Amino acid sequence: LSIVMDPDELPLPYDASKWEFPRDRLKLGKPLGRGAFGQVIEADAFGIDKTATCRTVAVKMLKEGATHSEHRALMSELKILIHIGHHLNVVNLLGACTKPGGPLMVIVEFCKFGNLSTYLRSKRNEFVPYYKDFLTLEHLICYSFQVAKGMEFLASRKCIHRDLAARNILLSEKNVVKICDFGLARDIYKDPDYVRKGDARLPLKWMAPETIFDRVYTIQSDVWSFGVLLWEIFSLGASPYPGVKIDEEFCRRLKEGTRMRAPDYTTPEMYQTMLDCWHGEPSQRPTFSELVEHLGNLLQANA
Ligand SMILES: CCN(CC)CCNC(=O)c1c(C)[nH]c(/C=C2\C(=O)Nc3ccc(F)cc32)c1C
């Protein structure tokens, strides 16, 4: 799984009174995403936060063929979920069924519109830079800004997202977007955004260079990812580096300071933003804390 704590800053038990939730107050439904051993299922959960009100949630759980190895992975996600705590632009934990005699289940915010990529890619027809339902440039700046913030909070809690992409970002009601980690519920052996490298399969289009050549994950080799994330947005859900075969070659030109062109809906400011994020030197490219403001700036400038 992908959202983990920053190793740049290592080196507390589970609070059941605050988190544990009755498997008999939880009603399972359709799968939203299946991966290999994991799956996110849509659920209805009674009085999980408002006494006596039902509530549509998303429950993370194992599926068939998982081993205790997975189960421990899922015990981990809950743990860091509890760590990071509530922010609005990230997915939040609602509660957990960690009782014996039952499947481990982590319950998290449901997002009615799913991941951003597939959402924008569907909105290509209904867009305009400046009529209800339609996407505008105001929205696009806004989403970007929300993720920066989300990424910032995600930093403040000493975490890193080792797979930051528009496909791991969800849209819910009222134009809120939340950073998430599909974790086990994403199969990388079946998603082409993930390239085989040995038996490791990596989101290479998103991965910053230092991460690729060496394997240095940092809040900053994330900004790069976020630069790429910005592209996906102002292309309305287009996959990065079109046509370009991702190979020993690709990686080369990348550190020759070679970047993608501009996406179809980008503004000039946005594109240059994307270009900072894609600095060779991981230090030169801004902090998410700094992107939060520029985008805040840009969002005011778009009326
Ligand atoms: C044609 C479009 N479809 C209509 C039937 C839309 C389908 N909807 C979907 O695919 C979908 C929806 C509505 N939610 C999710 C995922 C998550 C969610 O909600 N909270 C999370 C929290 C954490 C996490 F790691 C994933 C999720 C999907 C994949």
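Residue numbering in chain A adheres to the PDB entry, whereby the residues present occupy positions 802-812, 820-938, 996-1168 in order. Both counts, for ligands and for their atoms, begin at 1 and track the order of listing. Only this structure's heavy atoms are used, side chains among them; waters, hydrogens and symmetry mates stay out. Going by what the header records, the deposited coordinates were determined by X-ray crystallography, 2.8 Å.
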Asker: Which of sunitinib, cefoxitin, trifluoperazine, axitinib would you find at ligand 1?
Answerer: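 The answer is sunitinib.
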Asker: For sunitinib (ligand 1) in this structure, which bound macromolecule has the most atom pairs within 4.5 Å, going by the PDB entry?
Answerer: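 Most contacts go to vascular endothelial growth factor receptor 2.
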Asker: What source organism does the PDB entry list for chain A?
Answerer: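 The PDB lists Homo sapiens.
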Asker: Which of the ATP-binding residues recorded by UniProt for chain A place a non-hydrogen atom closer than 4.0 Å to sunitinib (ligand 1)?
Answerer: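 Checking heavy atoms, the UniProt ATP residues near sunitinib (ligand 1) are: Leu840, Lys868.
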Asker: Please name the UniProt domain of chain A carrying most of the interface with sunitinib (ligand 1).
Answerer: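 The majority fall within the UniProt domain Protein kinase.
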Asker: Could you check which residue UniProt calls active site in chain A sits nearest to sunitinib (ligand 1), and how many Å separate the closest heavy atoms?
Answerer: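 Heavy-atom minimum to the UniProt active site of chain A: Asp1028, 10 Å.
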Asker: Can you check which residues touch sunitinib (ligand 1) if I set the heavy-atom cut-off to 4.0 Å?
Answerer: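 The binding site of sunitinib (ligand 1) (heavy atoms) is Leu840, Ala866, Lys868, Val899, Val916, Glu917, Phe918, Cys919, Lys920, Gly922, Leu1035, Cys1045, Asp1046, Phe1047.
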